[PDB]
J.: 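Following this message is one structure expressed as C-alpha cells.
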There are 6 protein chains.
Amino acid sequence: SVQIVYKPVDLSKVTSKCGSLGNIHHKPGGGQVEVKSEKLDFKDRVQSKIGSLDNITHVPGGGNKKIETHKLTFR
Amino acid sequence: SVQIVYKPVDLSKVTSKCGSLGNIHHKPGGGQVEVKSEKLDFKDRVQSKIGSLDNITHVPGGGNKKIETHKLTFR
Amino acid sequence: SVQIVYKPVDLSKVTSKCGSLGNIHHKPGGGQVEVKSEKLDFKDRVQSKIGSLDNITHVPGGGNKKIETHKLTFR
Amino acid sequence: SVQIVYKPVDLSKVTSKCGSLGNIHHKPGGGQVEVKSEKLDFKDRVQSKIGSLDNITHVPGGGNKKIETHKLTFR
Amino acid sequence: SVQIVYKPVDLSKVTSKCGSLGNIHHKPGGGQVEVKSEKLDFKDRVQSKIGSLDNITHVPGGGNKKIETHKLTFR
Amino acid sequence: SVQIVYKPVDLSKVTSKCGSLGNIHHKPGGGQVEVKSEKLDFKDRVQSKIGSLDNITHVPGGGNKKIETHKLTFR
Ligand SMILES: Nc1c(F)ccc2cnc(-n3ccc4ccncc43)cc12
Ligand SMILES: Nc1c(F)ccc2cnc(-n3ccc4ccncc43)cc12
Ligand SMILES: Nc1c(F)ccc2cnc(-n3ccc4ccncc43)cc12
Ligand SMILES: Nc1c(F)ccc2cnc(-n3ccc4ccncc43)cc12
Ligand SMILES: Nc1c(F)ccc2cnc(-n3ccc4ccncc43)cc12
Ligand SMILES: Nc1c(F)ccc2cnc(-n3ccc4ccncc43)cc12
C-alpha cells in the first residue's frame with residue numbers, strides 16, 4: 001500500500017516600504033556596435049540578443065518577487 | 001492500492017508601499033548599430049533580438065510578481 | 001485502485017500602494033541601425049525582432065503580476 | 001614732394017585635377033544637446049552658434065581658394 | 001623728397017593631382033552635450049561655438065589655398 | 001633724399017601628386033561632455049569653442065597652402 005500526503009503550508013510575506021522614490025537620471029552618451037556572423041542555428045528554448053545598444057530605466061515602486069515550484073512525481 | 005493527496009495551502013503576501021514615485025529622467029544620446037548575417041534558422045521556443053537600439057522607461061507603481069507552478073505526475 | 005486528490009488552496013495577495021506616480025521624462029536622441037541578412041527560416045514558437053529603434057515608456061499604476069500553473073498528468 | 005608707385009604683379013595659379021571623386025558616406029547616429037543661459041549681449045562683428053547638432057557633407061570638385069588683400073594707407 | 005617703389009612679382013603655383021579620391025566613411029555613434037552659463041557678453045570680432053555635437057565630412061578634389069597680403073603704410 | 005625699392009620676386013611651387021586616395025573610415029563611439037560657467041566676457045579678436053563633441057573627416061585631394069605677407073612701413 002502507498003499513501004503520499006503533500007500538504008505544504010505557506011504564510012510568507014515579501015514586503016517593502018519606501019517613503020519616496022525618485023530624482024533618478026539616466027543620461028547615456030551614445031556608442032557604436034558592429035557584429036559580423038554567417039550562420040545562426042537556434043533550437044529548443046533559446047533566449048538570445050545580438051548587436052544591441054539598449055538603454056533601460058526600471059524603477060518599480062515595489063519590485064518584490066516570489067517564485068515557488070511544487071513538483072510531485074510518482075512511478 | 002495508491003492514495004496521493006495533494007493539498008498545498010498558500011496565504012502568501014507580496015506587497016509594497018511607496019509615498020511618492022517620480023522625477024525620473026531617461027535621456028539617451030543616440031548611437032549606432034550594424035549587424036551582418038547570411039542565414040538564420042530558428043526552431044522551437046526561440047526568443048531573439050538582432051540589431052537593436054531600444055530605449056525603455058518602465059516605472060510600475062507596484063511591479064510585484066508571484067510565480068507559482070504545481071506539477072503532479074503519475075506514471 | 002488509485003485515488004488522486006488535488007486540492008491546492010490559494011489565498012495569495014499581490015498588492016501595491018503609491019501616493020502619487022509621475023514627473024517622468026523619456027527623451028531619446030535618435031540613433032542609427034543597419035541589418036543585412038540573406039535567408040531567414042523561422043519555425044514553431046519563434047519571437048523575433050530584427051533592425052529596431054524602439055522607444056517605450058511603460059508606467060502602470062499597479063503593474064502587479066500573478067502567474068499560476070496547475071498540471072496533473074496520469075499515464 | 002612724395003611719390004608712391006604701388007604696382008604689384010601676379011600671375012599665380014591655384015589649381016587641382018581629380019580623376020574621380022566619390023563613394024562618400026556620412027552616416028551619424030543622432031545625439032543629445034542641452035544649453036542653459038540667462039542673458040546674451042552680442043555687439044559688432046560677432047559670429048555665434050549655441051546649441052547645435054549639425055551634420056555637413058561638403059564635397060566640392062575643386063574647392064581651391066585665393067585670398068588677396070591690397071592696402072595703401074597715407075597720412 | 002621721398003620715392004617708394006613697390007613692385008612685388010608673383011608667379012607662384014599652388015597645385016595638386018589626385019588619380020581618384022573616395023571610399024570615405026564617416027559614421028559617428030551619437031553622444032551627449034550639456035552646457036550651463038548665466039551671462040554671455042561678446043564684443044568686437046568674436047567667433048564662438050557653445051554646446052555643439054557637429055559632424056563634418058569635407059572632401060574637396062583640390063582644397064589648395066593661397067593667402068596673400070600687401071600692406072604699405074606712409075605716415 | 002629717400003629711395004625705397006621693394007621688388008620681391010617669387011617663382012615658387014607648392015605641389016602634390018597622389019595616385020589614389022581612399023578607403024578612409026572615421027567611426028567614433030559617442031561620448032559625454034558637461035561644462036558649467038557663470039560669466040563669459042569676450043572682446044577683440046577671440047576664437048572660442050565651449051562644450052563640443054565634434055567629428056571632422058577632412059580629406060582634400062591637394063590640401064596645399066601658401067601664406068604670404070608683404071609689409072612696408074615708412075615715417
Ligand atoms: N529575457 C530575454 C530574452 F527573452 C531574450 C534576450 C535577453 C537578453 N537579455 C536579457 N537581460 C535581462 C536582464 C539583463 C541584464 C543585462 N543584459 C541583458 C539582460 C533578457 C533577455
Ligand atoms: N521577451 C523577449 C522576447 F520575446 C524576444 C526578445 C527579447 C529580447 N530581450 C528581452 N529582454 C527582457 C529584458 C531585457 C533586458 C535587457 N535586454 C533585453 C531584455 C526580452 C525579449
Ligand atoms: N513579445 C515579443 C515578441 F512577441 C516578439 C519580439 C519581442 C522582442 N522583444 C521583446 N521584449 C520584451 C521586453 C523587452 C526588453 C528589451 N528588449 C526587448 C524586449 C518582446 C518581444
Ligand atoms: N560662419 C559662421 C557664422 F557666421 C556663425 C557661426 C558659425 C559657426 N561655425 C562655423 N564653422 C565654420 C567651420 C566650422 C567647423 C566646425 N565648427 C564650426 C564651424 C561658422 C560660423
Ligand atoms: N569659422 C567659425 C566661426 F565663425 C564661428 C565658430 C567656429 C567654431 N569652430 C570653427 N572651426 C573651424 C575648424 C574647426 C575644427 C574644430 N573645431 C572647430 C572648428 C570655426 C568657426
Ligand atoms: N577657427 C575656429 C574658430 F573660429 C573658433 C573656434 C575654433 C575651435 N577650434 C578650431 N580648431 C581648428 C583646428 C582644430 C583642431 C582641434 N581642435 C580644434 C581646432 C578652430 C576654431
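Chain identifiers are assigned alphabetically (A, B, ...) following the order of the sequence lines, protein sequences preceding nucleic acid strands; residue numbering begins at 1 within each chain. Structure method, as recorded: electron microscopy, 2.3 Å. All values below come from the heavy atoms of this structure, side chains included, with hydrogens, waters and symmetry mates left out. Ligands are counted one by one from 1 in listed order, and the atoms in each one are counted from 1 as well.
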J.: Which bound partner of ligand 6 is the main one by contact count, according to UniProt?
T.: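 With more contacts than any other chain, that's Microtubule-associated protein tau.
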J.: What is the name of the drug located at ligand 6?
T.: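 The name is MK-6240.
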J.: Help me out: which other chains have any heavy atom nearer than 4.0 Å to MK-6240 (ligand 6)?
T.: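 By heavy-atom distance, the answer is E, F.
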J.: Got a protein heavy atom sitting under 4.0 Å from atom 6 (C) of MK-6240 (ligand 6)?
T.: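 Protein heavy atom within 4.0 Å of atom 6 (C) of MK-6240 (ligand 6): present.
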J.: Among all protein heavy atoms in this structure, tell me which lies nearest to atom 18 (C) of MK-6240 (ligand 6), with the distance rounded to 0.1 Å.
T.: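 Atom 18 (C) of MK-6240 (ligand 6) sits closest to the protein heavy atom F:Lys49 NZ, 4.5 Å.
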J.: Go through MK-6240 (ligand 6) atom by atom and flag the ones less than 4.0 Å from a non-hydrogen atom of F:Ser48.
T.: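 Selected atoms, number and element: 5 (C), 6 (C).
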J.: Considering only heavy atoms of E:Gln47, which atoms of MK-6240 (ligand 6) have at least one such atom less than 4.0 Å away?
T.: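 Answer for MK-6240 (ligand 6): 4 (F).
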J.: What does the PDB entry report as the organism for chain F?
T.: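 The entry lists the organism as Homo sapiens.
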J.: For MK-6240 (ligand 6), which residues in other chains have any heavy atom nearer than 4.0 Å?
T.: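 The heavy-atom binding site is E:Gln47, F:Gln47, F:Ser48, F:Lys49.
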